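Taxol complexed to Tubulin beta chain, as determined in this entry.
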Amino acid sequence: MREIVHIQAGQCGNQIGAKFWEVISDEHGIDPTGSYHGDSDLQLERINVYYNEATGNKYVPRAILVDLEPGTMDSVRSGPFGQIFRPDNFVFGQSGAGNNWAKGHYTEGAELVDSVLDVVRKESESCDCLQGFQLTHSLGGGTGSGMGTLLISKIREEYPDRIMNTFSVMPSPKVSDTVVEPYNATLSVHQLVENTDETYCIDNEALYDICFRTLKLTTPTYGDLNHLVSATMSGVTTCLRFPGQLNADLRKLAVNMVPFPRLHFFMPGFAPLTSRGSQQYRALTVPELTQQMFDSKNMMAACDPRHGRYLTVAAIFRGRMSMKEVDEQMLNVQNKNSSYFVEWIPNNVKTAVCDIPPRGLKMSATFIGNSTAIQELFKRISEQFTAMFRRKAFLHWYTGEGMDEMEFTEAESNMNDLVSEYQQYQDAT
Amino acid sequence: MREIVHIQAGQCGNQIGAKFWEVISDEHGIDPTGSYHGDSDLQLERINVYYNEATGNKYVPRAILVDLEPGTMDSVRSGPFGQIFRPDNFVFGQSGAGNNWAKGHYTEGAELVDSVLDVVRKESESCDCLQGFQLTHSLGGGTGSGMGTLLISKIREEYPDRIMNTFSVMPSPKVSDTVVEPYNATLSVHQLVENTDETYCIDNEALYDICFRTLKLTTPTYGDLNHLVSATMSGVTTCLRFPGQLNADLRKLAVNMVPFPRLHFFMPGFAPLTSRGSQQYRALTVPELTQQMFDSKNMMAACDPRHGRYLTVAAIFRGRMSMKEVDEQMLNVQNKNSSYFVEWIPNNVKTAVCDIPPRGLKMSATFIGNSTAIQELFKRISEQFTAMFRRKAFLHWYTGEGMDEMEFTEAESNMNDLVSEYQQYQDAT
Amino acid sequence: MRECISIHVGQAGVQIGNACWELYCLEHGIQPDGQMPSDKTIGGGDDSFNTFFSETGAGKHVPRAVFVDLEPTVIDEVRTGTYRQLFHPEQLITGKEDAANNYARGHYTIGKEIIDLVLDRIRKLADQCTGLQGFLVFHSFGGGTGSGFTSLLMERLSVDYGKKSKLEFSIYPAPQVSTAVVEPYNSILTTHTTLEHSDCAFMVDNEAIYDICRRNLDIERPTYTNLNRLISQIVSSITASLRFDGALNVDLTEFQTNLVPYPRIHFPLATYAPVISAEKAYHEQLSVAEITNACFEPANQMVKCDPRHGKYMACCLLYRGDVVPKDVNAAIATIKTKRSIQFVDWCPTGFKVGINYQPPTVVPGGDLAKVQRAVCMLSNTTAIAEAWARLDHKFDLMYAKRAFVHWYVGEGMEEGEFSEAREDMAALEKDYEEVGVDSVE
Amino acid sequence: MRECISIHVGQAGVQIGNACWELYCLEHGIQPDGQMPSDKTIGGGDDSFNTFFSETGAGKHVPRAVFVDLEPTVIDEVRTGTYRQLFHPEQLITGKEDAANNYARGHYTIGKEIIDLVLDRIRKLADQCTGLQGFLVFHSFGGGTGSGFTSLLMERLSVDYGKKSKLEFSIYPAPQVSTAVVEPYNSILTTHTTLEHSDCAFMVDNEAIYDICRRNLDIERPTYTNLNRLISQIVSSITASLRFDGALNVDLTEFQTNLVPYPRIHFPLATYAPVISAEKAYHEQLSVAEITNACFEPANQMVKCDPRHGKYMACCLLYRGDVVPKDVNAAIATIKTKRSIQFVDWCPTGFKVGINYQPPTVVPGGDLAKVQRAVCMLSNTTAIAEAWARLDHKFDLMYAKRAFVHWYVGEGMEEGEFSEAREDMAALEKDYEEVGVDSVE
Ligand SMILES: CC(=O)O[C@H]1C(=O)[C@@]2(C)[C@H]([C@H](OC(=O)c3ccccc3)[C@]3(O)C[C@H](OC(=O)[C@H](O)[C@@H](NC(=O)c4ccccc4)c4ccccc4)C(C)=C1C3(C)C)[C@]1(OC(C)=O)CO[C@@H]1C[C@@H]2O
Ligand SMILES: CC(=O)O[C@H]1C(=O)[C@@]2(C)[C@H]([C@H](OC(=O)c3ccccc3)[C@]3(O)C[C@H](OC(=O)[C@H](O)[C@@H](NC(=O)c4ccccc4)c4ccccc4)C(C)=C1C3(C)C)[C@]1(OC(C)=O)CO[C@@H]1C[C@@H]2O
Ligand SMILES: Nc1nc2c(ncn2[C@@H]2O[C@H](COP(=O)(O)OP(=O)(O)OP(=O)(O)O)[C@@H](O)[C@H]2O)c(=O)[nH]1
Ligand SMILES: Nc1nc2c(ncn2[C@@H]2O[C@H](COP(=O)(O)OP(=O)(O)OP(=O)(O)O)[C@@H](O)[C@H]2O)c(=O)[nH]1
Ligand SMILES: Nc1nc2c(ncn2[C@@H]2O[C@H](COP(=O)(O)OP(=O)(O)O)[C@@H](O)[C@H]2O)c(=O)[nH]1
Ligand SMILES: Nc1nc2c(ncn2[C@@H]2O[C@H](COP(=O)(O)OP(=O)(O)O)[C@@H](O)[C@H]2O)c(=O)[nH]1
Ligand SMILES: [Mg+2]
Ligand SMILES: [Mg+2]
């Protein structure tokens, strides 16, 4: 019951998911080969949320791996956990995407999406009662942006009542390593609007800044950035797998995080995050966890929530803690900071409290915020897009692959419209 | 009781049957010399279905081997199981067939068929109560097409109430290695219409595609293609040899697979088929076996059943499995896919469940389908035939051997007529 | 002596009889090699093995049964298996080819070749009887041997015997689940002998017993070995008062006096109320009151049916074990109180109580529990016509295009017999519309 | 026999029932595997387990309860946990997805798929009763299953039974503390069944029990396990005189005769007076006089409310233990003496005394103390309208902008039902303005 299909697409989405299937596979005691070596009986009662049981008490993840280039598939097989996945879910072409949205959404992605959805329906039709999906991808590439939003817009035509959410990486102007990333991100925010139930927007500039300032890492790699993201992805569906005092599924969050539809772009966040050495100096309590989840420098999206108002937030606590301190600290924040919360919604905060903390610490927490300050993201893209497109720069790599300009200007205008949807619900009483 | 005479004819039919008598002879524990070295007592209770017992507890197969060329006979004698057959059943001429239908059906086949039917009646008259026959042959050669259909049309004059079925290889336009194979296949589909009770149509393009995509073989040989075909041929007459929970003979299938006569062309199929390595990742259960038997890429005929409707199908399960899961999974398919089944026949599916799986795996299955989509086969031949015959190409190799054009145009028209027999029973309410 | 002859026809008929003749060997204390053990210097006929087991001299108990099949394979599981010297060798009759889902083969072509051999064996068992009660024919509607041969045999058993009761225990085709494509043609053709020659025909189907195993018994994945043990508890309770002591015993003819109104209204559905797994048999209140209510429940039926859509005409309650009759009358009067249970307006004395002392036997390896009390409820109702309308519709689809008819005509029958057996079953369905409705002036 | 059916709906409803069914197992001396120990050759029904525990034969006590949830997770703590063979397996009903804080899912989409399975189980418990008193539905206003499913069930329980009392034990949303953002939409929509179908609805909230744990009990950091043990002492005292001997016993219908004036004035708040920690239970004067005053205190309420802002209409004092009735009348007459406590001018016989002999049970691992005396005070007052005005204001803020409405409309209800349930709760709040005011000419 309540299964989750995982569709990691591209280079960035596969690197996150390969680190994601190393955290979940530690929470349930899965061996790198696939056997079970846990000690708690709760690690198997809801292991079918992610893992199909196979012959001889081996546990195969319900993950589908997509790329348009065989190289990242060869890395994941040859990594620590290449043994864990099933070899029939490594779907890949040969000709690369080009960091091009059109080449992965129209020419060479539509050729492949028949051979991917036929594998998606092998996972979904074997489940007892499927709950939803999850994409891990990257707004800014060819396969994560283009091929990811072709996969999305072909599942809502077949599974039109399941919770589909994405853990998508959005670009930032401070950290660029792709010239054409505004074209590739605007054309996929337009798809994420009409097709997705929750969208956990993540940046990379926000993830070095957590590693630099909070974690005090000296040389961060991508393995450290994906390690933060994978701690969020496990934290959201915790009450789905472990028993709690309050429970919150994927659908239960989406009911009371999303006031109006089309406003489904969330800011994730994790707590505790300390440096090594400075963990003997922090006492672990509920007022300690709450201060990290609402400080701006512990957001995995490069924004400041002081430039807006939280519509709604959610806080998922994991550990043997009380319920008064959860219900009081989540109260003492939205009265001390009542100018940073929308006042036509009383009690903007949802508390979820599980019973099982992670396997090395007590009392973790996860912050998920629906803030109006996320228009800072969509305007930094829609200023770069409208500065290139007004000169039609780098455009023949898109119009040569089947597209035309009418798809651009529509996608630019739908990005600029939802900026004026968080703007209305920020201000005006 | 319920004996089966096996008449393998030609090159292709002998290569399949030589691999076929190595699978059956493993199911019953027959030594390569012919002695018995089994361990289960069920391997001998119905061993007389295929094997005559000879002097000193040796078990000789009831197989009759026909060719018009001595070379393939020399290969089978010098193979692994040349010791198993009786040397009086190696019937062969000296002058080859020419890949010519007329030369093997009129000139040099009619000279031999007196010396073959006299051997067929030595096998049939010694049986307690014979059930039927089986040809293994090839539509596309001289001996498999021509000599095979002369043997068939002379047994229905003598054994006119026994189940005669064929395991016949049909050509495909994607894989050609014979120029005159439309002439040789159209002139024998015309014989298979009026003379056969079941016809298990097999292609070779459908058998590489199983080896390439499903089995993930790198270098397939003919020994791999015949290995698939021989797993079908054993699977159909399983309940004839081993005890079951539901039983299904050759006649019991033909009653409820064939709605109208002349519609007796079946699509075989086997499950499980995994690659090596990816068998620790698939759990073996009845919903797992059912998904392979109805996927299009596990058909041994190069067709897609989405271009038609199954009139009737059959599923023969082998193993200690339940009967609810068999009766429910065969129900959950023909309601989920009710646009792919003919709706004037309720419950298109026949379930047979034996108790004895093959000797290396539990819970195998065998899919046999009477689909209307087999008109895709007969039109791909009848377009090639009518493109050669309208210029009378390669015709003097046929009219020089006794034939005339009136045999062609009759045989072309009977092929084109049964296309309009699956077409009527596909559509129109 | 209250003797009965069991006749087991076809694959389903044999394979139920493996579950019946397992059970009576345990109820009477007979080893699989026919031997009662040496610690019984008591009344064997006082335990009354002598309705299912004729006592061969020198201590040997051979059953009053004949297993017939047209296929050699199914009865060769009984040779050897474990009951390889329980049965007499001449009462296990095999053919050489089965009827192969073809009524015309089982009734005309193949069936006449062993019908003299089957009938001659029944006379050798009919002559060993002193006080023969009737025949217990087991088969399945929707085979070839279960329908074609059984139709051939019940014609011949009506001519030779006639006055005896001939009970049938059929397996009727299920609405969604079917295993044969020609399953509806073989069920319309067996309609003629089922209403004319049998005297009380029972019907079950596999879906309605699959649901009982899954819901009342929590078996996730049943096989036919699970199901036939439930058929056998219905039979072991029905024929119980022939062979055990108890207040209010019921012979096989006291059914038909109290269950069958008119000579064509003899198709009663059975239930069996404490189908409870052994873990659920704790936390129990398995009293007379709760076990009486469960029979009238529309989910616990042995036929896919709903008796809230029709009216009951009679019931027949048969209790086993720790049962006091004043508890039964207090449980009947609650059943007559409920308005969900509609009797007809010409019944008014509702139904018949039988009670027996011998409690049910738990089969080793069984699925059931060890209960103090059990109830079989045989009950005529007008709702069994709805199972027939769901099968006429499948016959009327395939015979509209005359699909599988060419197999049947070329084996020994005519096309015109389909149009007679369709009208014949449509006349019964008109009888249940006209027997349920109360009369005014 | 004074039997009662407990119905536990949703996560809060189940998780209170873990605290209730812990307590009755200790009050009656039942081990967690349903067994009373062997040192009781006395009257069990004289200790009267038989209002909460039907005695299965061979020494086994199974509760008269059904746990329903739409989520599998919460009831699987009861399988195993410690009560894994206390409960019957068929009375622990789980769905597959929860209603997920959505009234429209719990009432229309998901709730109808198990509502037949829940109601059919209640009849199997209603038939085991001899003298059924009424239903004890536990839920929470402000879930999806606690509001949507319970509204679906109380409609169906009113049609099948009707004449029975149906008590509710709800958890109402707290004014400052809330855990759900859509918490006010699910509380206006459950208003219709709470006033129409229930006969006496109770309300508590988590803030008013957090303060009792912190102030009266000195727990610095309570969890829900601390709170639900306080809910369970209110229930264990209310239903006590059904199942223990005492002077002045009170049935569940003698509440409603003496607590409810008019058929829409049935929302009484409860208190419980000796909530005293074990260290503070020394230095005590826990007499009848001090424990009567504590119920009327506005800080010890179980609802965030102040009965000095409205007028009482009835009270209902239920005492347990070492209580002599002349001490009660001397304590009532002090309560009527005070001018802070305003009764209405049509009451004049103030309120009803019930007394019981059985003193309260100390739960091992509990927070409470071992007292000689305890008082539950059920009391109608006009001040509970003020808790409703604090929640209409939260509904009126969010529904002014039609915020979360698109989740509810796309699941099985219309936009117009918000405008009916807002008017429906505004009519009760007009009734409490018109029932409190005395009349002149
Ligand atoms: C002695 C001690 O207590 O060490 C802690 C520790 O020092 C700190 C600094 C840990 C440490 O984490 C990091 O340094 C880190 C590295 C890359 C990316 C993100 C974090 C720790 O490495 C991480 C490790 O986390 C876990 O064990 C969790 O179960 C975590 N597991 C993983 O991420 C994981 C890592 C490798 C392999 C498999 C899993 C987790 C979190 C959420 C969901 C699932 C799992 C913990 C508590 C510690 C160390 C070991 C130093 C911190 O992180 C986490 C995720 O707990 C960083 O800030 C927190 C606070 C911890 O106190
Ligand atoms: C460790 C293990 O379980 O190995 C399996 C295996 O890995 C797989 C992949 C086997 C393997 O089969 C093939 O690779 C294959 C090769 C040529 C043609 C067809 C298949 C296997 O070779 C085949 C072999 O099959 C049998 O043993 C059956 O009895 C089979 N026998 C023969 O075909 C046969 C082969 C050589 C000599 C004599 C007989 C059979 C099937 C139907 C009817 C009669 C017999 C099995 C289960 C396996 C191996 C050994 C790897 C598979 O095939 C069969 C027929 O079972 C291929 O897909 C299935 C799934 C199996 O799991
Ligand atoms: N309950 C039950 N039903 C069975 C069993 N075996 C077969 N059936 C039913 O019987 C129907 C077909 O009849 P069979 O017994 O298989 O065939 P038959 O009566 O022996 O006649 P033939 O077809 O010639 O073999 C199937 O549709 C099954 O539903 C069994 O063991 N138990
Ligand atoms: N007193 C008390 N209140 C609880 C408890 N658990 C949940 N609640 C309250 O119940 C409210 C929400 O209802 P839930 O029980 O969580 O949800 P539900 O009724 O099961 O329905 P779903 O949302 O579908 O799960 C919360 O606001 C809590 O205040 C508990 O254990 N004790
Ligand atoms: N957080 C994170 N970001 C990555 C990783 N790999 C690549 N990226 C970012 O993803 C962006 C481009 O997406 P890419 O991985 O190239 O997707 P693709 O080309 O479509 O497969 C670049 O700006 C990278 O900074 C990774 O492992 N972790
Ligand atoms: N599957 C399979 N096909 C074969 C084999 N040998 C030949 N064929 C095919 O059979 C066709 C011609 O039939 P052939 O064997 O030449 O028959 P013949 O000349 O009459 O004896 C060719 O297209 C081959 O592809 C074999 O061992 N297996
Ligand atoms: Mg048979
Ligand atoms: Mg819940």
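Chain naming is simple here: A for the first sequence line, B for the second, and so on down. Note that chain A carries the PDB entry numbering, so the residues on display, from first to last, are 1-429. Throughout, chain B uses the PDB entry numbering, with the displayed residues spanning 1-429 in order. Residues displayed in chain C correspond, in order, to the PDB entry positions 1-441. So for chain D, numbering is the PDB entry's, and the shown residues are 1-441, in order. Note that ligands are numbered from 1 as they come in the structure, with each ligand's atoms numbered from 1 the same way. A fraction of the deposited model is presented, and contact counting is confined to that fraction.
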Checklist entry - Which parts of the structure correspond to Taxol, copies included? => result ligands 1 and 2
Next on the checklist: Any idea which other chains have a non-hydrogen atom closer than 4.0 Å to Taxol (ligand 1)?
Outcome noted: A
Checklist entry - Source organism for chain A according to the entry? => result Sus scrofa
